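Drug bound: diflunisal. Macromolecule: DNA polymerase III subunit beta.
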Amino acid sequence: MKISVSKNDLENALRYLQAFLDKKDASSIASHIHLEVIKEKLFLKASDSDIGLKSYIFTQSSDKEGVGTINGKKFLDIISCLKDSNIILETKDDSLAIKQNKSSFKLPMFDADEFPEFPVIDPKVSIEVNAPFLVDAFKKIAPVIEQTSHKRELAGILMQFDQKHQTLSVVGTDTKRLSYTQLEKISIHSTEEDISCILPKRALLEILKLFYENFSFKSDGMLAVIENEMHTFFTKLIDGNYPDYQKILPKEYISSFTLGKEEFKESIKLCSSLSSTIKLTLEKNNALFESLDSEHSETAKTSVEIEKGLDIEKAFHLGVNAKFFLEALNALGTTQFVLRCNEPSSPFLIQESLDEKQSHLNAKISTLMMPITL
Amino acid sequence: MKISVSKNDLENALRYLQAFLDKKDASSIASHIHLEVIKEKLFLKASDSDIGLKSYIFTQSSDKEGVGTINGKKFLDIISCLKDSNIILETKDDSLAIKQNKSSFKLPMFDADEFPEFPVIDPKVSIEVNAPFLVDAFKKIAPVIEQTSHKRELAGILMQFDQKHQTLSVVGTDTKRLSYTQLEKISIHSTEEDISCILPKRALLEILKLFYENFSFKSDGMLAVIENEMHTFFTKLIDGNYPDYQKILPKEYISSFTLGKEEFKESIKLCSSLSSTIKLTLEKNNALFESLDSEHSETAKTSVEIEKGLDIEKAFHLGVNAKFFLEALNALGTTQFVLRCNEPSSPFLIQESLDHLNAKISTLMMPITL
Ligand SMILES: O=C(O)c1cc(-c2ccc(F)cc2F)ccc1O
Ligand SMILES: O=C(O)c1cc(-c2ccc(F)cc2F)ccc1O
């Protein structure tokens, strides 16, 4: 192996690959990145059976093609200490030499056959993603997903494909809040009419680092593979049947109040200094907030005026988890939000203002939430 | 007590007091700020026996004088979440009320009499600091002082006052490196011709957050008290004798090299990617750097051209600790540095080239063998 590459190209590829390495035992191949030069490209990959990344960068010059490995952490540390000019990488019998002007480094390579095979699938489902809407939905939904949840399938995010109606539904929950969206007019190529892929939280968080728009998503009902111009990412799916979210959603809502998002954030944040739960009191022209499960002797109260009068005969009292209410508001792209309610003891919905209106670039995430009693 | 104060003034004051609170036990008065209104001022204190800060802010309107307390962490959290308009603070029995228009809060107070009284000293030494030299010395030397030092007097920074010749010496060490400076022409008032104060690392760090120039330093040999227009700070001193740092320093050096600071920083940083220690080779027109305690078959090499020839016939070899060498260079204000050596196994010195507003820190360092 012998090549020249751009320092910036190489450093960037190495940063992304860090999260796929077990870095603590430097003597194990699990701490190494597999290297392969083929034609005018350097391929770098770090993976195991469950999750992995294969990246590539263009060579500036190419002299010998071949394979090798190198400790990924030490490789990034070295490159980040160099100038922004080309770097010469060259093997010397199970050792990689790294050269930039007057600086030179040797690191040992391991057997490249000890690296696991990068998997390849025959897809049952595939889409092209040319806009930010899907990763937006992933980013907005992620905070409600618990990796340690009891129900196996709730520890990841749900992607439910309806190729008949051309919708991709994206759903996450911890049983206390459920956040969802239904992305429209998605060109879904599938052998099945309805197929479900559950991505583990771990993999979801890596997808947010690696992709934005202009990538493909493919799956065979076992693995998910995602690819853009630079990267090929894969993860194993979570096996099982994610519960039907549409049967959990209430049919109708008695009341639907249009309220100020930032005003509600401020007030809830303010009251949550002393308590994880809050008592919300909605009147015709006011919203009152009080700390609820604070230690005794501690109180925090505030209110806010509602100019555009709510349809409230009396006074609606709702106990809410502060953090969960905030995160639901944080997932909304509008300046106002709709709070849809039945009784104080039953689930309530938080969603954007004009949620039925169609969007292109971003997802609209709605959140159903169990209230606190009293 | 009752007082209407500015949100930002109160917020800012509370942020500074956080480091002086033991926040983990909220049932302890160590987690509380002492509040007192007197005339046009709200005084806020956070302290124990060992360290403390007293601050104040102003009111413009009528108030009521009195005392009270409040959990300092909870108070900051509340005030940081409020709007940028006036905040009314008022005691109501054993509770502090906070009011900003539609927002209102009550928090339990503890007995203000349990609050440790803020110390007043009869100073045996005092200085007026009207320039950043001292805090500059503190900042530059602080990294060599380990707070977890098992030898007690080395856990703090030395301030050695020489009344007779108007010099303040400031010194830190961990036994592997010793960093020092002699601050000339300082108006020292003191009841002895020589006196020494050792400030704990803890306190040294807080001083850097609070003070810069235009402050007084005072001590009675037991507490240090530092004061500006805004704040009064104190700390307990570390008791015992700081070792004679002056007898440690070599009298003469066989070799003295004037070298580039940033180039050495870069080359050492580069080699320290694979090692904690480095082998330095100085030749007439070259400086070579190699990783030394790197693992089997791991190597990092680089070199730098020295345009102005060094004064050596045979190449000089020196093993160094990378991090200690870097921090010694980080303490220098000049673009070049003087490295002074005897044998490769003898202590070596780093200092500025060509040694009002900045202190000059020299660092003496034990080398690594081979
Ligand atoms: O099994 C469960 O108890 C359960 C509960 C919910 C759920 C119900 C009501 C609500 F307001 C929010 C939720 F996340 C969502 C999913 C789920 O599996
Ligand atoms: O305990 C010690 O032996 C000891 C050693 C030093 C010291 C000696 C030489 C040197 F190059 C650096 C040092 F910090 C400085 C202070 C000190 O107390």
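Chain labels are A, B, C, ... in exactly the order the sequence lines appear. Numbering, chain A: per the PDB entry, residues 1-374 in sequence. The PDB entry numbering applies to chain B: residues 1-355, 360-374, in that order. Note: hydrogens, waters and symmetry copies are ignored here, and every other heavy atom, side chains too, is used. This entry, so its header tells us, was determined using X-ray crystallography, 2.3 Å. All ligand and atom numbering here is 1-based and tracks the order in the structure.
- Other chains in heavy-atom contact with diflunisal (ligand 2) below 4.0 Å, by letter: B.
- The residue-level binding site of diflunisal (ligand 2) (heavy-atom cut-off 4.0 Å) is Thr173(B), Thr175(B), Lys176(B), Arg177(B), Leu178(B), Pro243(B), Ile248(B), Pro347(B), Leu368(B), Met369(B), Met370(B).
- Regarding atom 12 (C) of diflunisal (ligand 2), its nearest protein heavy-atom neighbour is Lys176(B) O, 3.4 Å.
- Protein heavy atom closest to atom 16 (C) of diflunisal (ligand 2), with residue, atom name and distance, is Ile248(B) CD1, 3.6 Å.
- Annotation for diflunisal (ligand 2): atoms under 4.0 Å from non-hydrogen atoms of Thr173(B) are 14 (F), 15 (C), 16 (C).
- In summary, the atoms of diflunisal (ligand 2) found under 4.0 Å from a heavy atom of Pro243(B), numbered by their order in the structure, are 18 (O).
- In this structure, atom 14 (F) of diflunisal (ligand 2) has a protein heavy-atom contact shorter than 4.0 Å.
- For atom 7 (C) of diflunisal (ligand 2), the nearest protein heavy atom (residue, atom name, distance) is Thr175(B) O, 3.3 Å.
- Within the listing of diflunisal (ligand 2), atoms 11 (F) sit less than 4.0 angstrom from a heavy atom of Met369(B).
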